[PDB]
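Note: structure shows sulfatinib engaged with Fibroblast growth factor receptor 1.
Quick note: numbers on chain A are straight from the PDB entry, i.e. 460-765, in order. Just so you know, ligand 1 is whichever comes first in the structure, and atom 1 is the first atom listed for that ligand. No hydrogens, no waters, no symmetry mates; every other heavy atom, side chains included, goes into these values.
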Amino acid sequence: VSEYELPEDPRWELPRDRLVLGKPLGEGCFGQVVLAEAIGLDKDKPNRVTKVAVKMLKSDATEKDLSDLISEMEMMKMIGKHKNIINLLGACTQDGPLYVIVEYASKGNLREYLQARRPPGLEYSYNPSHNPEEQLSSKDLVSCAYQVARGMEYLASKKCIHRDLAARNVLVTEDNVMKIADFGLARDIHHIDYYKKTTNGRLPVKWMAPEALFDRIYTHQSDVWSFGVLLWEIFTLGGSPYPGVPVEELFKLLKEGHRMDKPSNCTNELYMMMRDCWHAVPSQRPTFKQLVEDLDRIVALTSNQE
Ligand SMILES: Cc1cc2cc(Oc3ccnc(Nc4cccc(CS(=O)(=O)NCCN(C)C)c4)n3)ccc2[nH]1
């Protein structure tokens, strides 16, 4: 029995013997995510199995870690469901460690998904996958961007600021639906280390708007700046931002007006949309509502023949 009072919500609680735990999906310093099969997740369909992702704490986990995971779960309930975010499906709070059960995205994060779909040749770096998949169409790429914009428009409408929107935090389902992840994470109460890599080797400083970098100010406008970086990641098919640029240099550069150059395969229109997201002045960036409307139009005009 836990020493803590884990919050049981009858609408969401699943007996944990309805979960058949499967392979690890990922592990961080937080805990771990595993794939599972859930039996009768939908009450009206008790005999059906659903593949799901299950988040749980490491054994080394503290009380703040627990509080953080509960917090993510409750924030997700409050934000509600949208097609282009990772949605809550249930929880196990009784009879063992806390499990938070969410939609499963079988194709993993967007950066690695795009990298494995890199065609040969001059416009992209090499494909690092030993199981490369069919390359995407131009329309497919704009449609990835559109779906992420639509998810952020929803989150913004629910007053959620993501604060680390990046291709690594977009997951892709079996049906190639884009789903924003890690939007419900607690904001650390301590100052951050700008030079500390994630468990997957990423430096989050490269997605920060200048006002976030400089003064730790995060708003929907600073998420639009990150979406501009994410756009650049899409049209480089998973490229790494500011190539050759040491991180301790980045703010100076940005402040002087430095911006990433256009990816080799990227329309003038989509590069101008990136640059607009990277407006120095937060009030002058487009909103996610505007981004969605423009990307909708651009998707309809973009060829899926190549
Ligand atoms: C409460 C909560 C639960 C939760 C679960 C999350 O993870 C989820 C949720 C839904 N689906 C997937 N699918 C998935 C499939 C393959 C691999 C991965 C992990 S990965 O880091 O993107 N790539 C694996 C190895 N790379 C580093 C080489 C995830 N994960 C992510 C955030 C979450 N927040």
Task: Residues lining sulfatinib, heavy atoms within 4.0 Å - done: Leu484, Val492, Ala512, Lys514, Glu531, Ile545, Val559, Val561, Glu562, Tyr563, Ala564, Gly567, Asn568, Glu571, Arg627, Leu630, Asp641, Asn659
Task: atom 21 (O) of sulfatinib: the protein heavy-atom neighbour that sits closest, reported with distance to 0.1 Å - done: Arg627 NH1, 3.9 Å
- [ ] Considering only non-hydrogen protein atoms, determine which one is nearest to atom 30 (N) of sulfatinib and report residue, atom name and distance to 0.1 Å.
- [x] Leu630 CD1, 3.6 Å
TODO: Please name the UniProt domain of chain A that makes most of the contacts with sulfatinib.
DONE: Protein kinase
Open item on the list: With heavy-atom distances below 4.0 Å as the criterion, list the atoms of sulfatinib near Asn659.
Closed with: 27 (C)
TODO: Starting from atom 31 (C) of sulfatinib, find the nearest protein heavy-atom neighbour and note its residue, name and distance.
DONE: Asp641 OD1, 4.1 Å
Open item on the list: So, out of the UniProt active-site residues in chain A, which one's nearest to sulfatinib, and how far by heavy atoms (to 1 Å)?
Closed with: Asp623, 11 Å
TODO: Any atoms of sulfatinib less than 4.0 Å from a non-hydrogen atom of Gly567? List them with their elements.
DONE: 15 (C), 16 (C)
Task: Heavy atom of the protein closest to atom 11 (N) of sulfatinib (residue, atom name, distance) - done: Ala564 N, 2.9 Å
Open item on the list: Quick test: of every protein heavy atom, which one is nearest to atom 18 (C) of sulfatinib, and how far off is it to 0.1 Å?
Closed with: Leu484 O, 3.7 Å
TODO: Among all protein heavy atoms, pick out the one at the shortest distance from atom 26 (N) of sulfatinib; state its residue, atom name and that distance to 0.1 Å.
DONE: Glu571 OE2, 2.7 Å
Task: UniProt-listed ATP binders, chain A, heavy atom within 4.0 Å of sulfatinib - done: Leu484, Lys514, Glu562, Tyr563, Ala564, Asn568, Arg627, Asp641
TODO: Write out the residue and atom name of the closest protein heavy atom to atom 20 (S) of sulfatinib, then the distance separating them to 0.1 Å.
DONE: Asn568 ND2, 3.8 Å
- [ ] Considering only non-hydrogen protein atoms, determine which one is nearest to atom 7 (O) of sulfatinib and report residue, atom name and distance to 0.1 Å.
- [x] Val492 CG1, 3.6 Å
